[PDB]
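Structural view - salicylic acid in its complex with Xanthine dehydrogenase/oxidase.
Lettering: A, B, C, ... assigned in the same order as the sequence lines. Numbering of chain A is taken from the PDB entry, so the residues present carry the numbers 2-165, 224-528, 571-1326, in order. Per the PDB entry, chain B residues shown: 1067-1133, in order. For chain C, we keep the numbers from the PDB entry: what you see runs 571-600, in order. A restricted portion of the entry is shown here, and the contact count covers that portion and nothing more. Technique stated in the header: X-ray crystallography, 2.3 Å. Both ligands and their constituent atoms are indexed starting at 1 by order of listing.
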Amino acid sequence: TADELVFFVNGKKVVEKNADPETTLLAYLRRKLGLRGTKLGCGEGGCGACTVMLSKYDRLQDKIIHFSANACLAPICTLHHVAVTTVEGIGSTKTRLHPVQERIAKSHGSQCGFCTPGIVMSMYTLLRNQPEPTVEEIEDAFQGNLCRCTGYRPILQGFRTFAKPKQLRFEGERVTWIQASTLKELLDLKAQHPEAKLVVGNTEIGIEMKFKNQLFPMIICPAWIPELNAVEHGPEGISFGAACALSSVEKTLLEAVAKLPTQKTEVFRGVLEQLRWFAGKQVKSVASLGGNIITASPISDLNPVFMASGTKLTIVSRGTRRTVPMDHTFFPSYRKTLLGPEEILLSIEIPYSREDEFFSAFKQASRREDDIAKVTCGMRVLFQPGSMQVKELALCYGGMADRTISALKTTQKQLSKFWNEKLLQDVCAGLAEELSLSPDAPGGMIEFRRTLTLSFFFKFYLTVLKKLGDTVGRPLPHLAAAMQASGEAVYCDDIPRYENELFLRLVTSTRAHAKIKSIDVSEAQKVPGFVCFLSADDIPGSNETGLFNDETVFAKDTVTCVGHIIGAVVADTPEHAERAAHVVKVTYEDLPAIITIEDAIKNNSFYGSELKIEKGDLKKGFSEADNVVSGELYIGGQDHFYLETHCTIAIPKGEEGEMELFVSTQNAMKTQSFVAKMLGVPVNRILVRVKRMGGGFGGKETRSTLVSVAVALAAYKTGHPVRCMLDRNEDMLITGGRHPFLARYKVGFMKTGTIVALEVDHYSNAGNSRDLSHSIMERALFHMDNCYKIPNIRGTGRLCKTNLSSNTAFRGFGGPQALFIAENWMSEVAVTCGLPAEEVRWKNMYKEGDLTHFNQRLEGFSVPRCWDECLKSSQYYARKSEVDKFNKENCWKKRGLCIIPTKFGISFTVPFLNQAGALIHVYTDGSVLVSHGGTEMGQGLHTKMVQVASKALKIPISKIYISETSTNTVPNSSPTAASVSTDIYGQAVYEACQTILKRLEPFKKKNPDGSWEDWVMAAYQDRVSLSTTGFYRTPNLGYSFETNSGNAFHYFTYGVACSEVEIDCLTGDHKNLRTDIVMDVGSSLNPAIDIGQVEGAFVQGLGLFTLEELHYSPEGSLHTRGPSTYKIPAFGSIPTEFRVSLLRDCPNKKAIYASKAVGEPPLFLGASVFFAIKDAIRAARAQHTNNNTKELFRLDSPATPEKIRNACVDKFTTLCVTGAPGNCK
Amino acid sequence: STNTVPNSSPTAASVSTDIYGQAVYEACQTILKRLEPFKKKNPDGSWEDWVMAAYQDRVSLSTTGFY
Amino acid sequence: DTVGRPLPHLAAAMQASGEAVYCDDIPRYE
Ligand SMILES: Cc1cc2nc3c(=O)[nH]c(=O)nc-3n(C[C@H](O)[C@H](O)[C@H](O)COP(=O)(O)OP(=O)(O)OC[C@H]3O[C@@H](n4cnc5c(N)ncnc54)[C@H](O)[C@@H]3O)c2cc1C
Ligand code: XAX
Ligand SMILES: O=C(O)c1ccccc1O
Ligand code: FES
Ligand code: FES
Ligand SMILES: [Ca+2]
């Protein structure tokens, strides 16, 4: 009794007879229509990997329009008579690439490639609306698109070349969906069924259903109704039907602002400001005005502005019609509006501003919670005619309570007062009082939020006043780049499903530390297509897993973090597995939990004892020092945010325990080992294949196996192929991240700035198993010197054992942590001594031939030339002057500049992992297939390996090919890690080539003018084998702690970065203005790959140090589980000027063709933004705080807007502006 | 498979046991040459021991063989 | 050392059970 759903994809008609309202367009494209170019990266609207173009008729506005949307939030039931275009839709390597696809690929804009299709579709959509866009439009187009690899620079450079009706009924398994064609039909429907839920854009509802497990068994979509879509210019303001997209609201209001007089458009420009950095295009194209309003989020950016301005709401039910201005009574409680259950919001009139009426809007440049504690506001003042005397005042704030509120007491007291200093004082006092937060108020950041309520008003108060009075060495693009841009590159979940293939959903601990009392599955057993539930009892081999045999495959008697895997559900579709998992009832008995580093130090909960490197005589160095500074420092962790999350397919053959797996991993050997150990089967039975990863970053070196083992078990149990791909929220919760570090330190120095003694005790938060924590701590200790000679030095480290997901490798592997701790105390030495930072860093540098604190010698120490050249090209000394000039001429905005070096040790710190295998075949057509132990994750290792094989063999690259990595071609491989993959695999590929060349030598002698093909065929026919292994092992490695000698590293990669920032001292926001990097990568095999690596790495570092903040409940539950609450760098995050140079004339005698590892060494240079920011904070504190020029103030990482703001101590932070006593002129 | 062993003659002429027998034997010998130093250090050890030790000493445990 | 021993075909038990995979026994993609 349901109507047929009919739409179009890439021009082809789709007729769906049994359309289920719960089906997203992304699930239908990938799993019904076999178009896998469009990706899942989050499922929540933040990342854009799932972008498509939608095309539909506005009957009203009378035209076919083209917009971008997130496929992951679009229900197919909204798509009746809509046309969809995917990346497959605009071109292909099979036919011919669209110019967009080709350009992103040739410009080096694609590394891993997983983001590239979403991005191609964002750019494609812009070009169909505007065939000649500006650079601003291009940039805005990419707002809702995230990339983890590239640093964005190349995509923008690349694309800059372009610049300058009857009711329908659908019936699902749970949901009945009605598409309403008329207003009348809506009201009747709402009257027959008051509980029925409206859905328009689905960008809120979709999240409630997916993430918060709500189920609305009746949905009415009223998007077709003309009255819900009208735009009407009236004499009071501009009315918008409640279904109007935010993009349409924005279009109209911008048209009104350019046309009408300034004085009429104050409200309008408020709405526009709130809409600026609001999601991206894909969301604004689908999100309705009315949906935002009725959602009534405490952190709605719109509702404070509508409340402040008395925006009119026309509200309707069958019979009833009424218009009210939005005021404080509109939101009576949490997520509620003053509407009756029958009632629906019809339109919204956004008023013109009057004479003597002024408006501002502001929002907090940070969000850390799903729906609370992000400050946002609309402010309105109306004066008596021609005067400065207050007649009306409205200050309405989100994120200061569980609903949008208005500061009524405060504003009331201002009536008839004049707009002056006293007024400012009275309002700030009102505000601090009326909006006061108890110290344990949900959301935290109490100080920062109070200070923002007041600083926002100060901006309004100042604004109102103003209103009155051989290819080696060649820039070869990634070999997969084109197919990555075309959506043709295969990633693990792009592999077709077998007819009998099943799906797995992890079942996860909701408690930090607890006994498992019972597990009940009877409600999961009722989900359609449930196959089975798996737990510890089902394992045929061993439940003992992990790098140090201290983990369970499945939890047994207790759980030890939130996300501790307990079991798994297997079902016939992934939605079925997802549903049935959320319904598995687990009964717990809480145990005492240990969460923070501090919790752990106080309870002595550690893995092992302290590690230590010590050299010199500390109680003596401190004797000789003129100056001794002690302190404590914290650095928060980081999520990998690989655009492709964890994924495994396991295929049980049914013979002799055989299993073939396809997996998103850096470590095929351990995946194989772990799978076999769990199964109780020899390693020779198990085959693991890796084509590519859509990102790794250290996060798929070991923790990939959490999914793999589980999936393989389901494959063993059921005997069907099984697969699982993690959602983003699962991925961030279970798989662990970068290690948070705590440091307590003490430096002894002279008045010159010469260091003479250092001790640092480092503590990492290692989480609920060992994993790579110990080696991570070792690498931290090897780097606590950065580039500096320290005669007397003691570094300890301790691994904190905690009820958190087990943390793991992350690009840098403990290095960034200790290098940051190191740049910190260096910064305090320069300030304390009253000398320029760059003079202090310079004087304390190692020289050629110096020995580290672990006694390794530094030969080819290139930091001096990197430094000298970075100073020169960045015009450092001139710009420094200009920063001082800026800071003397500006009160509430400050600039900051910093230049900082890096040294990063190259090799695995466990000697045995510095080995590598290759396997080379030459077929009788001369075509060569290379296989080696490395995996491709976007860093372009295969491209480099192709380039090396080609040089070595003296044949064009076109004759060489690499397909994939597999455990049956090269066994016992180390993980693709520690930046050495190009060194060690290149060497082994090189040896295999040499072996093949020596074998062809005699056929070469017999026919010196012969082609390669002739020689190969002559050697085949003479029965000379054309297949060989190659092998390499890094010589002279083996550091000893007990003797503190022998080489920990093969060589060191060096670099230097300069960064300039401007902070907003009233809000803690900042802009990255300019960064110059000079990097020593020896002689590069591929300048483009290597510059790509410097850039991507630098921007992952600037994330770590400034933007990325993970946040947990006191009970240890991760709160930031997606792009909405966790902020990785975005297109608009990178420095306006971003220059990277590779040092000329510096070959490396240690590695393949004089090249140097580049993957991880440049990530630390990201910290130049942090220390530039801190430099800006110093000037802000010299401005408003005190007069001590040598003041050491602590600043932890990440320097978010909260920490930057709270550190700009002033009359607001202190509350002196209220008339109180505090600290500040 | 063609990605493990390439350019193979068809399984024919009754010679397979003969020629692949020799090719398997030769590869087995190369392994034993590589494992001999670890045998001599620990004559009372197991197969498993010699293998782990060779791996940890970064000796390749993969080889081709040919006849 | 089994050379010269009448050891049964290694795959013979799976062949008798239906378990030994022949080309058409490989499952089809959807
Ligand atoms: C990635 C992303 C970023 C975002 N960023 C921001 C941001 O920065 N600032 C901000 O304020 N918001 C932000 N949002 C929230 C977003 O603006 C809202 O989700 C959106 O406006 C809701 O409209 P919709 O049409 O999708 O509503 P739906 O999800 O379809 O419905 C939302 C709710 O409104 C009800 N409803 C809808 N229309 C009516 C009607 N006319 N009458 C009565 N009830 C109705 C529905 O029943 C439902 O309860 C963001 C959302 C996403 C996904
Ligand atoms: N685009 C892209 N670039 C990337 C990676 C990625 O996933 N995607 N990851 C890093 C890491 S993190 Mo680690 O030591 O396992 S902590 S080392 C490492 C490095 C591994 O690649 P080689 O340079 O050895 O070939 O690649 C870097 N560059
Ligand atoms: O020393 C390293 O950099 C390292 C990296 C990955 C795994 C183990 C290790 O010792
Ligand atoms: S997957 Fe749709 S926005 Fe991330
Ligand atoms: S290339 Fe953009 S996420 Fe990897
Ligand atoms: Ca750990």
Which ligands or chains in the shown structure match salicylic acid? ligand 3
(Q) So, around salicylic acid (ligand 3), which other chains have a heavy atom under 4.0 Å away? (A) A
Enumerate the residues contacting salicylic acid (ligand 3) with a heavy-atom distance under 4.0 Å.
A:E802, A:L873, A:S876, A:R880, A:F914, A:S1008, A:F1009, A:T1010, A:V1011, A:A1079
- Message: Please list, in number order, the atoms of salicylic acid (ligand 3) under 4.0 Å from a heavy atom of A:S876.
- Response: 10 (O)
Below 3.5 angstrom, do we get any N/O pair linking A:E802 and salicylic acid (ligand 3)? no
A:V1011 heavy atoms, cut-off 4.0 Å: which salicylic acid (ligand 3) atoms fall inside? 10 (O)
Just wondering which FAD-binding residues from UniProt for chain A are within 4.0 Å of salicylic acid (ligand 3), heavy-atom wise. none
Requested in this report: Could you list which atoms of salicylic acid (ligand 3) come closer than 4.0 Å to a heavy atom of A:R880?
Outcome: 1 (O), 2 (C), 3 (O)
- Task: Write down the covalent anchor of salicylic acid (ligand 3): residue and atom, or none.
- Result: none
* What atoms of salicylic acid (ligand 3) come closer than 4.0 angstrom to any heavy atom of A:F1009? -> 1 (O), 2 (C), 4 (C), 5 (C), 6 (C), 7 (C), 8 (C), 9 (C)
- Query: Which UniProt active-site residue in chain A ranks closest to salicylic acid (ligand 3) by heavy-atom distance, and what is that distance to the nearest 1 Å?
  - Reply: A:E1261, 6 Å
What residue and atom, counting heavy atoms only, is the protein's closest point to atom 10 (O) of salicylic acid (ligand 3), and at what distance?
-> A:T1010 OG1, 3.1 Å
